[PDB]
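Quick look at a structure containing fosfomycin.
So that the names make sense, note that chain A is the first sequence line, chain B the second, and so on, each numbered from 1. As the structure lists them, so they are numbered: ligands from 1, and atoms in each ligand from 1. Just the heavy atoms: all of them, side chains too, but no hydrogens, waters or symmetry mates, feed the values below.
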2 protein chains.
Amino acid sequence: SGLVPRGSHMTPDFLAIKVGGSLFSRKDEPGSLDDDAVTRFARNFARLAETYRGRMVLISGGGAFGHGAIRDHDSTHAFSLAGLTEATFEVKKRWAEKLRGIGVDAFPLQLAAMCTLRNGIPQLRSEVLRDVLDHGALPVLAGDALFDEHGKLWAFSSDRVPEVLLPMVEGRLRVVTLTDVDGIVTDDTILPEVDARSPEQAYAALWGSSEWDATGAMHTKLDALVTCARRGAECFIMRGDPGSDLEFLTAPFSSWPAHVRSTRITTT
Amino acid sequence: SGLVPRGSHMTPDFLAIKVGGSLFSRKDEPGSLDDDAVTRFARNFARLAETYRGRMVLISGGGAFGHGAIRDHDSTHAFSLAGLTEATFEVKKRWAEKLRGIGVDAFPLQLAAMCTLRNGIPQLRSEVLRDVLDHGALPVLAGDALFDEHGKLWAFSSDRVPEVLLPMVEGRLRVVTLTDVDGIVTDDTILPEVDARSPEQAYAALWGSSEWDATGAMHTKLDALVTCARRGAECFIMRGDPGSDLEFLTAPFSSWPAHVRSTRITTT
Ligand SMILES: Nc1ncnc2c1ncn2[C@@H]1O[C@H](COP(=O)(O)OP(=O)(O)NP(=O)(O)O)[C@@H](O)[C@H]1O
Ligand SMILES: Nc1ncnc2c1ncn2[C@@H]1O[C@H](COP(=O)(O)OP(=O)(O)NP(=O)(O)O)[C@@H](O)[C@H]1O
Ligand SMILES: C[C@@H]1O[C@@H]1P(=O)(O)O
Ligand SMILES: C[C@@H]1O[C@@H]1P(=O)(O)O
Ligand SMILES: [Mg+2]
Ligand SMILES: [Mg+2]
């Protein structure tokens, strides 16, 4: 409804943290979950969750489950994808279950029950997300199989979940996507800043996976964050490490500790 | 929006079928699921689902999972109940997974992501249910842990899920609750008909469980169906049997086969 001050000096009002599947699950290993990694990440997320109570969502990568359930679905019945919803709910559960164990009010929410696709733009269609946050709880979210306006299912990566927050979050949204690289690498060298109004050089730098990636690797990652940033968010691609202290993610970007490697995406 | 003809001669426009946990899961046995029973029920539900495409929901009892996750939760943190949502999602998955296997477009939906409690009346708060049905799909639903307006979680039985349909379904709603008795037994003898405007004798007949029931056994069953029936639904309590042919549930109650035992609840 109003003028929002934004800048490297300002403190974010909302944290959307997305953790890559690959950081806790081996894609090509059915059912796999590094519990040690989950435990230790969960412990760092929980400290953030207490600071940002009702002002945070944790978004989980699909790992073996999500990439698995897309791999296997028959392409000739769009509806076989429905397995993906059951698959990514499994990962939300693991996080919530773990986070509650160390005192976080973590509640898993099924995105497919809350959000549809309407001309390719994901539409929040449930008031429950806003309510859970208002209650001071921590929504644990993930990618999903989403219905479009014609009833066809589409695989929707956890990377794009933050886009769903855009029309909902008042004030400063920060999106941090924890990944298995330090940021977008160009040339042996990571790009520190990307202007979301002209991300040309960032898109120019991406390479193709070894064919193993159902949700578009870095390209979908950049699409999502470029989309959020054009809508005001401060967005980051950085390496997730299960033991890494993340308290600085509550801090103005100006006052971030030394030698943190990231790619930041903003609409100057 | 208009005048709806209703009667024992008329054909229902919408089927809400609720199957008791006890019919496929042993409450006091953690994780248990009678696969044979699920397979065979699923097969009978699927024939209904094809007839009532986009005009049906399957509602699953919680069984070992749901009754288990309530049993175990610490009562002093209301938020421990969050386990119940992960628990009843497990059962929805099993049904959907099975139903899709024999060609049904079955999609599990998390009620807690769609519905809150507001002065004790469950409120549908997501447009997704209506949309999934409009797409011709079969929502697989269940009880859940639901947030109230103050942020406290409450255990919400599958038995009350039909109440959520009431403001949504145009025309004639039929609710069939498949259970482990033939109907409400009074006196050695089952009550054939209950007027939802004065259910006194029906409520008078209920006995207390052996203390083993977290969601109120027959009392919650009657509450839910009395609530639906006061709002126009035709409602039934009858014995679920996994091999029982259920094609007659699409038929006017007048033209139901011989010797079917049920208790019918209507607002004359
Ligand atoms: N210019 C680039 N800089 C960095 N990484 C890149 C670049 N281009 C492509 N990539 C690939 O993008 C990957 C990051 O996306 P991705 O593999 O999807 O990570 P994730 O989503 O965090 N985990 P998962 O989804 O389970 O694979 C890297 O591992 C690189 O292979
Ligand atoms: N007057 C009555 N007539 C029939 N059953 C009754 C009556 N009063 C109490 N009951 C109990 O109500 C039970 C039915 O509810 P319930 O045990 O909750 O069935 P369910 O919901 O279908 N399966 P589950 O929820 O897993 O136990 C019966 O098994 C009876 O013990
Ligand atoms: C939705 C499928 O799991 C993948 P992602 O969300 O990890 O991209
Ligand atoms: C919600 C808890 O599982 C029970 P019910 O839904 O089977 O009553
Ligand atoms: Mg990825
Ligand atoms: Mg019961």
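The ligands or chains attributed to fosfomycin are ligands 3 and 4.
The name the PDB entry gives to the main binding partner of fosfomycin (ligand 3) in this structure is FomA protein. With heavy atoms closer than 4.0 Å, the chains neighbouring fosfomycin (ligand 3) read A. Proximity to A:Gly61 (heavy-atom distance under 4.0 Å) selects the following atoms of fosfomycin (ligand 3): 7 (O). The entry's source annotation for chain A reads Streptomyces wedmorensis. Among the atoms of A:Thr88, none of the N or O lies under 3.5 angstrom from an N or O of fosfomycin (ligand 3). From the protein, the heavy atom lying nearest to atom 7 (O) of fosfomycin (ligand 3) is A:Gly62 N, 2.7 Å.
Per-residue contacts place A:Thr215 under 4.0 angstrom from the following atoms of fosfomycin (ligand 3) (heavy atoms of the residue considered): 2 (C), 4 (C), 5 (P), 8 (O). Residue A:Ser60 places no N or O, backbone or side chain, under 3.5 Å from any N or O of fosfomycin (ligand 3). The shortest N or O to N or O distance between A:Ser158 and fosfomycin (ligand 3) is under 3.5 Å. Near A:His67, with a cut-off below 4.0 Å to any heavy atom, the atoms of fosfomycin (ligand 3) are 3 (O), 4 (C), 7 (O). For fosfomycin (ligand 3), the heavy-atom contacts closer than 4.0 Å come from A:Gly61, A:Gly62, A:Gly66, A:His67, A:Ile70, A:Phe156, A:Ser157, A:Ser158, A:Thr215.
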Note every protein N or O atom lying under 3.5 Å from an N or O atom of fosfomycin (ligand 3), pairing the names and giving the distance.
unit_1                : atom_1 : unit_2   : atom_2 : d
fosfomycin (ligand 3) : 6 (O)  : A:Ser158 : N      : 2.8
fosfomycin (ligand 3) : 6 (O)  : A:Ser158 : OG     : 2.7
fosfomycin (ligand 3) : 7 (O)  : A:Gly62  : N      : 2.7
fosfomycin (ligand 3) : 8 (O)  : A:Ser157 : OG     : 2.6
fosfomycin (ligand 3) : 8 (O)  : A:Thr215 : OG1    : 2.7

